[PDB]
Each structure stands twice: as structure tokens, then as C-alpha cells.
Participant: 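I have a PDB entry of methazolamide bound to Carbonic anhydrase 2; a few questions follow.
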Amino acid sequence: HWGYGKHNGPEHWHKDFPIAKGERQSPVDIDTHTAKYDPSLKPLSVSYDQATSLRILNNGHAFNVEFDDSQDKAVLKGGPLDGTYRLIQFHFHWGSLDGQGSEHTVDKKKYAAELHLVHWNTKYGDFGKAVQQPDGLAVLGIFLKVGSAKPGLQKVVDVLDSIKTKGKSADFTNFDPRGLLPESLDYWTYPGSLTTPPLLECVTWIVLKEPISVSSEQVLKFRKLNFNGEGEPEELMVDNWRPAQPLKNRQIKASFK
Ligand SMILES: CC(=O)/N=c1\sc(S(N)(=O)=O)nn1C
Ligand SMILES: [Zn+2]
């Protein structure tokens, strides 16, 4: 099946998921001098005070922190969005070295990792229906650079030992995702897709300009996870990122000048 190895990596995905060569694939390089400042872009409204985190899971591709999305508890509005989007989960993509790891790039610069907060449009009823629509999802992307430690990320780091291998999960309650946001909410936005199979083109991307800083010790613990299941040959979970895809007929807009 698909993965990030040499025999099942991104360059092979198109064989089982032809949309891999679509017209609005993600991620992309954000060229800052080509981006169009759009004053018609509203500020983002992130309402995470009632968020209810439930569990943390190693799915063999990354680790996800899942939330209760049975009601409007953690929602994203405003920005380039029409309607209310509910937070369902968040996860990261990272590298084997501090010089790579992010999916999106800025003027070709790669960050150490990238955080993805996934939301789905409530007008569609369930996540499964949302992914089949062009405005189905809204993913908030945040870059991570290596520097000072991020206190609000340490609770996640500490629990990684318990979900080392594929399929493992652990209760993960009372985590506040507000601790993962940078000061400013200035962003870039463009229409795109999911960055791993099924690669559906149902995403409105909102990438924050301001990265968050994490310590080398924190990223190091991400790199100790495994792609493999327990009892199988150890394969380190690193470089689970898809390289930039052609922009084609798309315009990246900026909420700031
Ligand atoms: C359930 C869910 O969040 N799936 C996702 S999220 C996602 S991403 N990496 O945010 O574009 N890719 N896929 C397959
Ligand atoms: Zn992702």
C-alpha cells in the first residue's frame, strides 16, 4: 500500500490514486512575491475554548489527536470561508533532519515540520460527505522551526512513547489546541487537496505566515515513532511529507501586505 518509502512513496501514488496528477493538488510552494494581497479577506475566527480532545493514535503515517466533532465545540470561521467548520483532528508531518519536514514551502524554504488542524464544513453532515465536496474541508497549516521549546506541545510529546507503533492509541483528554497557535493569524490561502491518499480536492488551505518554535528535543521525540506495527522490523517514522506540486491555474492570496 502507499507510504513514504522508496518503493511506495509519493512518486508512485498516482498509480492507485490518479487524482495525484490533478489540477488542484497540495502542497505547493508559496512564492511571496506572486501572492495576491486580498483586502476582501476577513480575519480568521478560531473558537477552540470548548474543544474536547479524546484520543491520540499512531496510524502508520503520522500520529493524530482526535476531537469530539458531534457538536460545534471547536470551530473555525471567517477568513476565506463561508460557513462553520468543525475541528476533527490534528497531526504533523516532519523530517529526518531539521532542514526538511514541512509540506508547504515559502520561497522554497522548508521548515522542520508542519502542523495540520483539519476541519469539515457542517453543512455536509459528516466528514465522509465533506471530503466529496470542493469546499468540504478547511485545513489550518502551521510551520514549525527549531528553536525555543513550545510548552503547549510537551503534553503531546510525553505521550508519544505509548503509541510508538502503528495501530496503537491512548486516551488523550483535556488537551487545549490553543497552545499550538502563533501570536498572529496572518495567512495565505488557496484551493487544494488532501496531502496523502485519497488526495481528494476538497480543501481550502489556510497557511499561517508566523511559524511556531519548538526545541530540538521535542522534534527528536517525533522521530522515535515507527511506521511499522509492533513485532515487525523497525522503520522510523520520519520524512512523512509530500513534495510541492504544480500550482497550475491557481492564485495564492494573502490576508496581509
Ligand atoms: C481524517 C483526515 O484528517 N484525513 C486527512 S487530513 C489530511 S492533510 N495532510 O491535512 O491534507 N490528509 N488526510 C487523508
Ligand atoms: Zn497533513
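What you see of chain A is 4-125, 127-261, where the numbers are those given in the PDB entry. Start at 1 and go down the list; that is how both ligands and their atoms are numbered. Just so it is clear, the values below take in all heavy atoms, side chains as well, and ignore hydrogens, waters and symmetry mates.
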Participant: What ligand or chain labels cover methazolamide here?
Facilitator: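 You'll find it at ligand 1.
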Participant: Listed by chain and number, which residues of other chains have a heavy atom closer than 4.0 Å to any atom of methazolamide (ligand 1)?
Facilitator: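 The binding site of methazolamide (ligand 1) (heavy atoms) is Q92, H94, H96, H119, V121, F131, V143, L198, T199, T200, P201, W209.
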Participant: Heavy-atom contacts with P201 under 4.0 Å: which atoms of methazolamide (ligand 1) show up? List them by number with element.
Facilitator: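 Every atom of methazolamide (ligand 1) under 4.0 Å from some heavy atom of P201: 14 (C).
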Participant: Of the residues in chain A that UniProt says bind substrate, which ones have a non-hydrogen atom under 4.0 Å from methazolamide (ligand 1)?
Facilitator: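 Per UniProt, the ones with a heavy atom under 4.0 Å: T199, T200.
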Participant: Can you list the methazolamide (ligand 1) atoms lying under 4.0 Å from a non-hydrogen atom of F131?
Facilitator: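 Result: 1 (C), 2 (C).
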Participant: Write out the residue and atom name of the closest protein heavy atom to atom 10 (O) of methazolamide (ligand 1), then the distance separating them to 0.1 Å.
Facilitator: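 That would be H94 CE1, 3.4 Å.
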Participant: Identify the protein heavy atom lying closest to atom 3 (O) of methazolamide (ligand 1), giving its residue, its atom name and the separation to 0.1 Å.
Facilitator: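 Of every protein heavy atom, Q92 NE2, 3.3 Å lies nearest to atom 3 (O) of methazolamide (ligand 1).
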Participant: What protein heavy atom is closest to atom 9 (N) of methazolamide (ligand 1), reported as residue, atom name and distance in Å?
Facilitator: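 Nearest protein contact, heavy atoms only, for atom 9 (N) of methazolamide (ligand 1) is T199 OG1, 2.9 Å.
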Participant: Counting residues of chain A that contact methazolamide (ligand 1), which UniProt domain comes out on top?
Facilitator: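 The answer is UniProt domain Alpha-carbonic anhydrase.
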Participant: Could you tell me which residues UniProt lists as binding Zn(2+) in chain A have a heavy atom under 4.0 Å from methazolamide (ligand 1)?
Facilitator: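 Those UniProt residues with a heavy atom under the cut-off: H94, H96, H119.
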Participant: Would you list any other ligands or ions less than 4.0 Å from methazolamide (ligand 1) for me?
Facilitator: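 The list: ligand 2 (zinc ion).
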Participant: Report the nearest UniProt active-site residue of chain A to methazolamide (ligand 1), with heavy-atom distance to 1 Å.
Facilitator: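 Among UniProt active-site residues, the nearest by heavy atoms is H64, 8 Å.
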Participant: At a 4.0 Å threshold, what atoms of methazolamide (ligand 1) neighbour a non-hydrogen atom of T200?
Facilitator: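 This gives 12 (N), 13 (N), 14 (C) as the contact atoms.
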Participant: Which atoms of methazolamide (ligand 1) are found less than 4.0 Å from any heavy atom of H96?
Facilitator: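 Close to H96: 9 (N).
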Participant: If the cut-off is 4.0 Å to any non-hydrogen atom of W209, which atoms of methazolamide (ligand 1) fall inside it?
Facilitator: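 So the answer, numbered in order with elements, is 11 (O).
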Participant: Among all the protein's non-hydrogen atoms, which is closest to atom 7 (C) of methazolamide (ligand 1), and how far away is it?
Facilitator: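 Of every protein heavy atom, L198 CD2, 3.8 Å lies nearest to atom 7 (C) of methazolamide (ligand 1).
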